[PDB]
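The chains referred to below are lettered A, B, ... by the order of the sequence lines, with proteins before strands, and numbering in each begins at 1. One-based numbering, in listed order, for ligands and for the atoms of each. Determination method: electron microscopy, 3.7 Å. The structure shown is a partial extract from the entry, and contact counts are restricted to the extract.
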Amino acid sequence: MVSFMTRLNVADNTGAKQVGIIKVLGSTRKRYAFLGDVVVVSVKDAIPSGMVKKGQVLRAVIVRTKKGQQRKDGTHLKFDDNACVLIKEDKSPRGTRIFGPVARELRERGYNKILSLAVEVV
Amino acid sequence: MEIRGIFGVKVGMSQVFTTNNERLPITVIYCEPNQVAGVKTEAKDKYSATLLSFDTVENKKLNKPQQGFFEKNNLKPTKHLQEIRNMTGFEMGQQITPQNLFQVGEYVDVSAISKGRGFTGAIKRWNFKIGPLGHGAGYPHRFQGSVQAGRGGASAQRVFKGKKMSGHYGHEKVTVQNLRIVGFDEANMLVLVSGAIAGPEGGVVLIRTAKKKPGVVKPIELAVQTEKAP
Amino acid sequence: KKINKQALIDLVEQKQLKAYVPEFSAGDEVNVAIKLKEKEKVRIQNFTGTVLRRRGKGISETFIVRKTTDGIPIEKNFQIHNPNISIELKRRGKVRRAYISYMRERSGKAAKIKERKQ
Amino acid sequence: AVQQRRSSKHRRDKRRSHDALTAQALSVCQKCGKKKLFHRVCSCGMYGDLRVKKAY
Amino acid sequence: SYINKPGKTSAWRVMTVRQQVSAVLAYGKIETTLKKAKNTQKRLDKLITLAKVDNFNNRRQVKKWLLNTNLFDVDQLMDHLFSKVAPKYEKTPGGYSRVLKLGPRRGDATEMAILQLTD
RNA sequence: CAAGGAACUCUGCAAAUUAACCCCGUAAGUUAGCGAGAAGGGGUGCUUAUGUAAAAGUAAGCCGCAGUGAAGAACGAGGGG
RNA sequence: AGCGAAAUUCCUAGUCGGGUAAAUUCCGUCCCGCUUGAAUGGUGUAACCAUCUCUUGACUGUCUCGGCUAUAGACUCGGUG
RNA sequence: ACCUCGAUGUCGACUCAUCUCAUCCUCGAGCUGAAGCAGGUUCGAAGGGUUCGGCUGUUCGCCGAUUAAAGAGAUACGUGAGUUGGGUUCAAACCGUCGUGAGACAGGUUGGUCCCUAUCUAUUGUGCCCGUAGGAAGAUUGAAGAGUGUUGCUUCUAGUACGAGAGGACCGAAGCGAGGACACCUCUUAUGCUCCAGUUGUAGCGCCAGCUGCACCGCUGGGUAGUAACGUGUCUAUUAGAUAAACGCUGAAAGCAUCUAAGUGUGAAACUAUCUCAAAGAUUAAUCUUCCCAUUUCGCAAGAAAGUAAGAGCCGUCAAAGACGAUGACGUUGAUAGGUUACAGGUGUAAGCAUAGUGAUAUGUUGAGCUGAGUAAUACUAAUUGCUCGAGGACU
Ligand SMILES: O=C(N[C@H](CO)[C@H](O)c1ccc([N+](=O)[O-])cc1)C(Cl)Cl
Ligand SMILES: [K+]
Ligand SMILES: [Mg+2]
Ligand SMILES: [Mg+2]
Ligand SMILES: [Mg+2]
Ligand SMILES: [Mg+2]
Ligand SMILES: [Mg+2]
Ligand SMILES: [Mg+2]
Ligand SMILES: [Mg+2]
Ligand SMILES: [Mg+2]
Ligand SMILES: [Mg+2]
Ligand SMILES: [Mg+2]
Ligand SMILES: [Mg+2]
Ligand SMILES: [Mg+2]
Ligand SMILES: [Mg+2]
Ligand SMILES: [Mg+2]
Ligand SMILES: [Mg+2]
Ligand SMILES: [Mg+2]
Ligand SMILES: [Mg+2]
Ligand SMILES: [Mg+2]
Ligand SMILES: [Mg+2]
Ligand SMILES: [Mg+2]
Ligand SMILES: [Mg+2]
Ligand SMILES: [Mg+2]
Ligand SMILES: [Mg+2]
Ligand SMILES: [Mg+2]
Ligand SMILES: [Mg+2]
Ligand SMILES: [Mg+2]
Ligand SMILES: [Mg+2]
Ligand SMILES: [Mg+2]
Ligand SMILES: [Mg+2]
Ligand SMILES: [Mg+2]
Ligand SMILES: [Mg+2]
Ligand SMILES: [Mg+2]
Ligand SMILES: [Mg+2]
Ligand SMILES: [Mg+2]
Ligand SMILES: [Mg+2]
Ligand SMILES: [Mg+2]
Ligand SMILES: [Mg+2]
Ligand SMILES: [Mg+2]
Ligand SMILES: [Mg+2]
Ligand SMILES: [Mg+2]
Ligand SMILES: [Mg+2]
Ligand SMILES: [Mg+2]
Ligand SMILES: [Mg+2]
Ligand SMILES: [Mg+2]
Ligand SMILES: [Mg+2]
Ligand SMILES: [Mg+2]
Ligand SMILES: [Mg+2]
Ligand SMILES: [Mg+2]
Ligand SMILES: [Mg+2]
Ligand SMILES: [Mg+2]
Ligand SMILES: [Mg+2]
Ligand SMILES: [Mg+2]
Ligand SMILES: [Mg+2]
Ligand SMILES: [Mg+2]
Ligand SMILES: [Mg+2]
Ligand SMILES: [Mg+2]
Ligand SMILES: [Zn+2]
């Protein structure tokens, strides 16, 4: 359960090494963000040859969590790091490739482009 | 309305896998055949109810007034007696089992006595917030919360009745509604009920027709494992 | 009127147990074929990896499988007696404990379990 | 906190009304007759028909 | 409040049962408190039933409980237990020890109890 | 004490990290003395053999999730009054 | 002369730049400095400080958010009081 | 300047909130310079909700990102016998300014002791006595009450209604959530001080091996039962009645008109119920069922001497319970607790022996050994052969 002002990694090609959460979008006092949740974030560690600049406030969706979540069948999916990919208003990823594995929770809440651009879904 | 009720003893909780790929936690209830000990009619009594007898025991473990009542009514001696409101349509002295009462997957609600917990504080009882632990503190850390309403003759000057403070917690009747029956076991007289049931294992449990959804029956079927042997 | 609660609990669990249920210890690498259901049909998706733990008694028997994709290690908790799930033991390995937590700390050449077991 | 008014000699006895004592249940030994409090070994160390301890 | 007494710690509790069990095995009677007698009975019975086979493994197991007493050392208590006491209870289905209640102490009013080996 | 890691608060108060020995490496500034244990890293167990007055060390092998296996040992960088 | 929104600036949370998603605090600079200023010394300054102030890495129950365990109390019995 | 100077602790923050409506959101309606969407204003409505941060001691305030919304106030500008002391306002020190000076400044800055074991009442829980007019054991009705009531997004309806176009519905249905609440431990985790294993130092068991004491439970990795959430089940619906604002139909006073005067309707998260809990000390003390009393004499009758039962209590073993009472199970005609047996779960192949190696160590016996609470049988041990209280219901 990624929470407010949590530094996590970006699994895409956009020039952003460390990103910090600002608000857990969706409701009032939404405590946590699980897989598939959308958040507003700020780039804190970036690169010179990157589309984003350090200090920009942007919108992201989370794809991995260290705590993990449990599915309906009883399977518990658990990664080792919290990761998000940069998305646009239309819900399309900002990067041109996706690094690492991605969850299946994206498929229910749209996000078809991220899955098709991913390496392998879990 | 047409309220159906049964009594049983909770033996534990398990899970079953179902078709549509869901893992459903279930509670297992041992339900003895219940005996209708009395029927009370609207015309003769001013209300309508059905009183059954369950949890049978030997006659030497029962008191004299109760065994006299049982022998006068020609019933099996039981140490537990309770009724449900608005239960009609059953003849006195008829054995009733949940199979004739509820369907395979209909919605029911369940009432049971909660697990006793004793004298608990305000935070564990009323979901209160704990005071700060660092940055300097005082003797009361697990504080209940200031009960001041007004100081002075023009104000209450008293803690208002029904305040939220420490006291007894547990051993109290509670009802959980809209629980779907999962399976019936006639040979073992065993009812499978989805979800979690209040009370310790072995306590009494009342299963009644849900007032929120009286006639709603959501289908549920289990999964057959096709796993072939080696 | 003595009530053996576990016998009744065992019976409800027996209603849906499996026949084979192949065995595996803590440090084993298995191949788990998930029978994922789409709108139609099934895509058999393999989750081959290393076991990390096996807890439970009956229908609640669970095991932990750890995998590594693109250098990212992912751990996934399966239920043994769960339909649409198939387990196939591949390599039997030697470990000195039941819950090898250090595998989620050791990685690379140091995350390889020697074969053989007794 | 301390009483701003002194408690009379009547409220004091009302509170002590629940301080009364209870007589412990006693029984008779089946070999010597002296009264002993119930469910306990007598002074001779003879409980029921079993010689427990040596005589006082 | 600080500089409190160490208290009835778990280590103290294990040592108390150990001390009492060694004495009741040496002499045959113990005059203790009822709540302490009700706790030594479990360890006393468990020791006796494991000492019914008289193999060297059982001696190592028993030695984690016995302590030196006045009438016997730690090595003759081993012989006394394994050759005199335990062989007597060869077919008794448990319940080798009995706890009975004495009167209250004059200076504490705590309920005393005698723990003995039931012949 | 899981996930997060100062979001708490007047303030990282308090608590937490480091901690012994040995081997590498160590900047700006300066009154050239310092800064400096700077920063940043690595090794430590047991056995055999070689080493010595004793070592330290060296080579091979073995075990454990972890080897000053427990106790006692410095948290750090930058700017300003 | 030097320094200057200062332990000094009332107006004032002064203008601008930097630090932050966002900065009455901080750093640099600007100068109508109401009322700075040269042995009640002025301006700099390496090292040092259980000094004050600000940013930051690791770190953690400070916190989101509370939970469990063990003692000594509290609570029950006997004695003093 | 009326109370208080033989003492009413004063800002802000934290915890707990309660109340009012002059309503921020949700709900209903009239008008619109209301095409639709989104608005503006007024009326009705207080059931619920009404975010997190940066700077400042701050209230306030500006800014950032969300939300359906980030309402206005009162309660000693609520709340220190509840917490803190950052600010103000003690003694210390310095700057600017005033004073010849000691000193001063709603000018600035650094530092700087916040006590009390609750008698009454109020409240949260739990008991004893007595009453309920014979006693006791059960099952009830419900007078008077308490608790909850929040809402969003997506899809369909439907690119339909409207609109040159752009854009884009009311009504209704389905799915998925956030917060809050109740319960539970199958799953995921946290804890799990008489559990298992590994392991260091030292002192002991005369030595090796193997154990014990101590070192935060010595440390480390797991972990039974129990306790919990970060976990998963459920609730946060619906309906009926009487209505507020508003709209009416039929209708005159006032031949027209007119919602009203008679009569008859519609109408909101507000009210009364439906939902959950508790409830006959409700002294206005209720109802039903069952069981036990129904002696011999003397005289005096809700009189005596003895004499008659259901049941309850004392005591013991306890835990579905629990501060102590109480609640619940049992007390030899018994499975209440311990022990034994078997098993589950947990830990991870025990000691010893044999082989191999020069040795540390590995391999086989061996999924072995061990195990606090867990499951079920088994009277082996402890619940003794005991004591006390307790009934004839006045009359109308
Ligand atoms: O004297 C005190 N309070 C007095 C009582 O007479 C009174 O309550 C008071 C409080 C605050 C105050 N003030 O903020 O100036 C003046 C008097 C306390 Cl300092 Cl003990
Ligand atoms: K005064
Ligand atoms: Mg103090
Ligand atoms: Mg404290
Ligand atoms: Mg008043
Ligand atoms: Mg008045
Ligand atoms: Mg008197
Ligand atoms: Mg008293
Ligand atoms: Mg110790
Ligand atoms: Mg943590
Ligand atoms: Mg972390
Ligand atoms: Mg804050
Ligand atoms: Mg802050
Ligand atoms: Mg400190
Ligand atoms: Mg330096
Ligand atoms: Mg300067
Ligand atoms: Mg000048
Ligand atoms: Mg200058
Ligand atoms: Mg300054
Ligand atoms: Mg600025
Ligand atoms: Mg300051
Ligand atoms: Mg400056
Ligand atoms: Mg001067
Ligand atoms: Mg001069
Ligand atoms: Mg001068
Ligand atoms: Mg200077
Ligand atoms: Mg100093
Ligand atoms: Mg004590
Ligand atoms: Mg006392
Ligand atoms: Mg005046
Ligand atoms: Mg006057
Ligand atoms: Mg006054
Ligand atoms: Mg006075
Ligand atoms: Mg006061
Ligand atoms: Mg109004
Ligand atoms: Mg209502
Ligand atoms: Mg900051
Ligand atoms: Mg005022
Ligand atoms: Mg105030
Ligand atoms: Mg206020
Ligand atoms: Mg004022
Ligand atoms: Mg107060
Ligand atoms: Mg206060
Ligand atoms: Mg105080
Ligand atoms: Mg006061
Ligand atoms: Mg201060
Ligand atoms: Mg201070
Ligand atoms: Mg001074
Ligand atoms: Mg002067
Ligand atoms: Mg009342
Ligand atoms: Mg479990
Ligand atoms: Mg040795
Ligand atoms: Mg309605
Ligand atoms: Mg109506
Ligand atoms: Mg008309
Ligand atoms: Mg009267
Ligand atoms: Mg038992
Ligand atoms: Mg062995
Ligand atoms: Zn006697």
A.B. asks: Which drug does the model show at ligand 1?
C.D. replies: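 You're looking at chloramphenicol.
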A.B. asks: Out of curiosity, which chain makes more contacts with chloramphenicol (ligand 1) than the others? Name from the PDB entry, please.
C.D. replies: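 Its main partner is 23S ribosomal RNA.
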A.B. asks: Give, by letter, every other chain that has a heavy atom closer than 4.0 Å to chloramphenicol (ligand 1).
C.D. replies: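 Other chains, by heavy atom: H.
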A.B. asks: What species name appears in the entry as the source of RNA chain H?
C.D. replies: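 The organism in the entry is Mycoplasmoides pneumoniae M129.
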